[PDB]
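For reference, the structure discussed in these notes is given below.
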Amino acid sequence: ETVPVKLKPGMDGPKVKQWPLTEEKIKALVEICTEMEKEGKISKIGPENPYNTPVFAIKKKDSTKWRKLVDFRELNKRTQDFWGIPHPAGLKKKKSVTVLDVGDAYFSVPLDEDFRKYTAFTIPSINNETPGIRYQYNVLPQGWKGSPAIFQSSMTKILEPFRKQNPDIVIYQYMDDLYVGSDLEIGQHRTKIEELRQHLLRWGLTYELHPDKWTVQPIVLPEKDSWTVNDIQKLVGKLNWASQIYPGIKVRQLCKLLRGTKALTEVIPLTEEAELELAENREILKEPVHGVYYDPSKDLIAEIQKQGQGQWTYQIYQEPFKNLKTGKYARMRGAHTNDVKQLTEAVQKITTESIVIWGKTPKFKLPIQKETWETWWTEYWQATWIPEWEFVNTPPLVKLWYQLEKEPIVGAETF
Amino acid sequence: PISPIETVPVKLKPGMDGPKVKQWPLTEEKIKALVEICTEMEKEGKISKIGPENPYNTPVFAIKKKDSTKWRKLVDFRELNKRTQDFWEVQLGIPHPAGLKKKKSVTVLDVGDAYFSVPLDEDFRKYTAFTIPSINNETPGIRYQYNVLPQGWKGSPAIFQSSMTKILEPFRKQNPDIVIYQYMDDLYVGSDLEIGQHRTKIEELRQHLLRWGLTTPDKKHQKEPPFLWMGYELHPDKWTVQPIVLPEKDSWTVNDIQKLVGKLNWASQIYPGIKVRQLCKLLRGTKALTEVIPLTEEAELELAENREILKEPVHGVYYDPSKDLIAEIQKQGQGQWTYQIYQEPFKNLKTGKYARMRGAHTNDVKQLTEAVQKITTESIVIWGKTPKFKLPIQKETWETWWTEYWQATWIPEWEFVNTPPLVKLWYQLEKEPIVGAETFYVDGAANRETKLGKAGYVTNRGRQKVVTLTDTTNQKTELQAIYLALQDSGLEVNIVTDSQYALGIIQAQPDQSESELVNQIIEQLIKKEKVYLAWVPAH
Ligand SMILES: CCOCn1c(Cc2ccccc2)c(C(C)C)c(=O)[nH]c1=O
């Protein structure tokens, strides 16, 4: 049957325009949609339905098979609330988590007839020689928040038998995904996961994270045989900025070493007073600032800075200077000449951690121009959900500070 | 004789009501024409005599066109329109000549009064009511309502197109090697079939439309190539540009110069060389649109060079999906870029240029990057593919720049082509302090309220200077301090400042700015053999 979904009081459906698509993509969406249309999941619609939601095609790893991805961000936001499952704090303390796309299960359930208009979408045509092909959903759409919700009774129902057979494994559902964490060893783990898929397949359904490894990393300050006017000037500027975080960070003694119009390359002898100050700073930076807790009723935020040479830094927080987590991302093999790829990959990684830790995606602040992002991010997108984002200008010092983060002695040695 | 086509469910905007505007008064003449026209339409099936059961109303008007000087009619739906629901955007992203695939033939069919061929949602009908006045407001005038998509009504175009799509679906399934393009009241049916097989297929399409009610056009009205598509003439073999005529006059108003500057600007996209600098220059301090500004010798001249360029036969090619798509770019002056997309050398599909985007602060590579993205967006829409690029910038200049820029940026598959001027990095701030070189400790401070300030420096070597400024700002002093350091130093310099703006200069390393001052600093930067900018916290 169909449960009466609705929009939040005063809201109207999305009327987001279709961004242009490549011919490869339009051809696949066309294939995919005639099929969905034949199977009864979507129906062509008229011009009386003024709504719209962007669509695109992504690649299902290992296959040539193109997957359809609708961007329901606007509909989701306008969709009434249903007050999902409470986040399992245990999930982060698990040796290895795996992700599975259970979005395919929704086509089975029908969509409230009165809500369908709101799911309208369009397939463009090259050079616009053909009018777009409009359809709306007759079933639960993938990527819509209302789906996992409405399909919850059925999801837990099919899940129990496995959960009891393996009570040491955690299963969490966000959107179309299922993250399964267990403390079992790689093989016993994955074999146990595939055990889950076989289970999941006898109804209709078909990433390897390691959360316990996510180390909180500190800021390590430079140490030197001799310090130059410049070195000190560089150090003083970072420390001064950093005092917005740890107010006990001081640069007065150091600043006195900068009294004088001397050559930038000139070496300055550090006064013991200046040396204690620095040592007291290292001690302060030795640990995360106090009293930072996650407030569930507040937007989570993720800022990123391009560090150069394939390196990237980010910090997830809710309040300025009160970080919940910080980190670095080094490009993945192959991404050598493409920043947008490194960026989308970073956003996906960061977003899954967020899901894994707090069970919600953050709102990003991306160091990219709007048009560069909008034109190419889909090319490298691989997750079923899509986070929110805003485009920003990276303050020179925020980057300078986080580049100071501690890296391994040698590295996580994979013998 | 209307149509067995299913109607579209139409409604009024959020709880509104249909128009109830009063019928404008008309003479016995204008009325008698309208009476004629409405007895006809009443029988074509398009409208229907109604009665006292309808409070709705729209004003009907009588105009005589030129075609027959015959009394015609016009219904003013402005009100009903502002009260009718919103429809999904009718086609507002139209084809571009450069993306058309050439065809052995294209035949344009006229689905002219096809608006009146499509039924109206019987429920909505009451809202389209109007009244034929009586001789100077006598007894009741004649009342009617539409039973088809009304000309000028808001939903007609959308609904007409949709209706046409459903009707056309069968034909398209049955012969995919035939492309039909729906625009307004035309169907541009094209194909690669033998001209005889083509003519035959079109007759079938025509006879198919006949089933659904669309009455077949007259031979007199028929349209033949080349087709006009705003600034272009599509010929079966290729496209050309429509004759763009600059009129010769002895008296130019501001309007004439603005309208002119417009047309010329449009031509800069197609024709190589167009210039409007001296024409625009005539606009300075104008006091009225009707103001007559005399053309200087210089405006006269460029106008003439223009008339000449514009009499060149710029022609073009159509798209062949089996050939490479290539896009070349030229930096035509700082901030201006020209590009031409082709598949086979010298046979362009499209050309164009991007105006000097006068921003607050960038660099050439960033700007080249932006021209490359705009182009890419264009190509995806036009051809659903991105062009291989040929860029006047060395692959080394790109690696050195992009790889270190604070912002994500990219250029798709591209290749270097040496067609000067090559874009490059005007300067690269040093990575570390210059040993040897003099160090300037610069400072500028101004009173934001009195706008009186000072700017100067002191160097490790002893040199110093201070300059007093009036009608300055603190940022200007901070910056002028930097300026003097550059002017007064040798080819290698180390400069220290607490100017937060200089911290931005160090990150982005702009080579063009919105500030003349920052600009001057750039000219000095570029001039040095080595510069090291070191920022330090103020106070
Ligand atoms: C005679 C050349 O006309 C341009 N032409 C056309 C018609 C055409 C005419 C006006 C606007 C758009 C398209 C088509 C289609 C739409 C039939 C084509 O495929 N190729 C082509 O060269």
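Chain labels are A, B, C, ... in exactly the order the sequence lines appear. What you see of chain A is 6-88, 93-215, 232-440, where the numbers are those given in the PDB entry. Numbering, chain B: per the PDB entry, residues 1-539 in sequence. No hydrogens, no waters, no symmetry mates; every other heavy atom, side chains included, goes into these values. Ligands are counted one by one from 1 in listed order, and the atoms in each one are counted from 1 as well.
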| task | State which drug is located at ligand 1. | result | MKC-442
| To what macromolecule is MKC-442 bound in this model, taking the chain with most contacts, per the PDB entry? | HIV-1 reverse transcriptase
| message | Quick one: other chains with a heavy atom closer than 4.0 Å to MKC-442, which letters? | response | B
| field | Nearest non-hydrogen protein atom, atom 17 (C) of MKC-442 | value | B/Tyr188 O, 3.0 Å
| field | For MKC-442, the portion of B/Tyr318 having any non-hydrogen atom under 4.0 Å away | value | side chain
| Does any N or O atom in B/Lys101 lie less than 3.5 angstrom from one in MKC-442, N or O only? | yes
| request: Can you pull out the closest protein heavy atom to atom 16 (C) of MKC-442? Residue, atom name and distance to 0.1 Å, please. | output: B/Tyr181 CB, 3.4 Å
| said: With a heavy-atom distance limit of 4.0 Å, tell me whether B/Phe227 approaches MKC-442 through its side chain, its backbone, both, or neither. | reply: side chain
| Tell me, which protein residue and heavy-atom name are nearest atom 13 (C) of MKC-442, and how many Å apart are they? | B/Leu100 CD1, 3.6 Å
| task | Could you tell me the residue and atom name of the protein heavy atom closest to atom 7 (C) of MKC-442, and the distance to it rounded to 0.1 Å? | result | B/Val106 CG1, 3.7 Å
| query | What atoms of MKC-442 come closer than 4.0 angstrom to any heavy atom of B/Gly190? | reply | 17 (C)
| Side chain or backbone of A/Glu138 under 4.0 Å from MKC-442, or both, or neither, by non-hydrogen atoms? | neither
| query | What organism is named as the source of chain B in the metadata of the entry? | reply | Human immunodeficiency virus 1
| task | Below 4.0 angstrom from a heavy atom of B/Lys103, which MKC-442 atoms are there? Numbered from 1 as shown, please. | result | 18 (C), 19 (O), 20 (N)
| message | So, at a heavy-atom cut-off of 4.0 Å, what does the binding site of MKC-442 look like in terms of residues? | response | B/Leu100, B/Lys101, B/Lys103, B/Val106, B/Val179, B/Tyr181, B/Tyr188, B/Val189, B/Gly190, B/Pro225, B/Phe227, B/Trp229, B/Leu234, B/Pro236, B/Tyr318
